[PDB]
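The model presented next includes benzyl benzoate.
All residue numbers in this chain count up from 1 along the given sequence. We count ligands from 1, going down the list as the structure has it; atoms in each ligand are counted the same way.
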Amino acid sequence: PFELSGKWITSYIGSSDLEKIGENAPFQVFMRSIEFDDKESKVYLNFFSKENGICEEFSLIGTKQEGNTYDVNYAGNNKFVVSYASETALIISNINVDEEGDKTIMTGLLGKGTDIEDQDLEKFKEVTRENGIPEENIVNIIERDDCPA
Ligand SMILES: O=C(OCc1ccccc1)c1ccccc1
């Protein structure tokens, strides 16, 4: 089988709205771990983001919802699915509705730490594309993640 829980670090993120992912933006997210607790219908997320250019750490809890889905409060309301899982990667698709009501679709490629497999990367690009997110709306997060391990 397939272990979904553990260390996951963000390699790349794509977004329908570039305001949500540049420097210091709420969805420029540097993942550190995700733990799925299906017994209690919960997911545990630990990650860094930057504000004011300095690392801040978050540990959040989402709730398992209908189908394959999870709801979590962060910079508005979020519904995400693990669209793809391999031994080496997860691709997450997330819809965020922010505090103004604006809706953003994002995708995120995660791995076990820095050395990306091209096969996982190609699947990320296809999922991103399928969600209507253009290639130039992809940020390389590996390059930007200087937060603590
Ligand atoms: O890496 C991500 O963590 C998921 C996540 C989802 C919601 C809140 C926190 C973390 C990610 C990437 C792109 C889009 C959405 C999420």
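The macromolecule with the greatest number of heavy-atom pairs within 4.5 Å of benzyl benzoate (ligand 1) is, in the PDB entry, named odorant-binding protein. Per-residue contacts place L110 under 4.0 angstrom from the following atoms of benzyl benzoate (ligand 1) (heavy atoms of the residue considered): 1 (O).
Protein heavy atom in closest approach to atom 14 (C) of benzyl benzoate (ligand 1): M106 CB, 3.0 Å. As stated in the entry, the source of chain A is Sus scrofa. At the top of the distance list for atom 9 (C) of benzyl benzoate (ligand 1), counting protein heavy atoms only, stands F47 CE2, 4.0 Å. Distances below 4.0 Å separate heavy atoms of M31 from the following atoms of benzyl benzoate (ligand 1): 1 (O), 2 (C), 3 (O).
For atom 12 (C) of benzyl benzoate (ligand 1), the nearest protein heavy atom lies under 4.0 Å away. Contacts between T107 and benzyl benzoate (ligand 1), counted as non-hydrogen atom pairs separated by less than 4.0 Å, involve the backbone only.
In terms of protein heavy atoms, atom 15 (C) of benzyl benzoate (ligand 1) is closest to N94 CB, 3.1 Å. Looking at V72, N77, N96, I91 and measuring to atom 7 (C) of benzyl benzoate (ligand 1), the nearest heavy atom belongs to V72. Near benzyl benzoate (ligand 1), within 4.0 Å on a heavy-atom basis, the structure shows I13, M31, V72, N78, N94, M106, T107, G108, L110.
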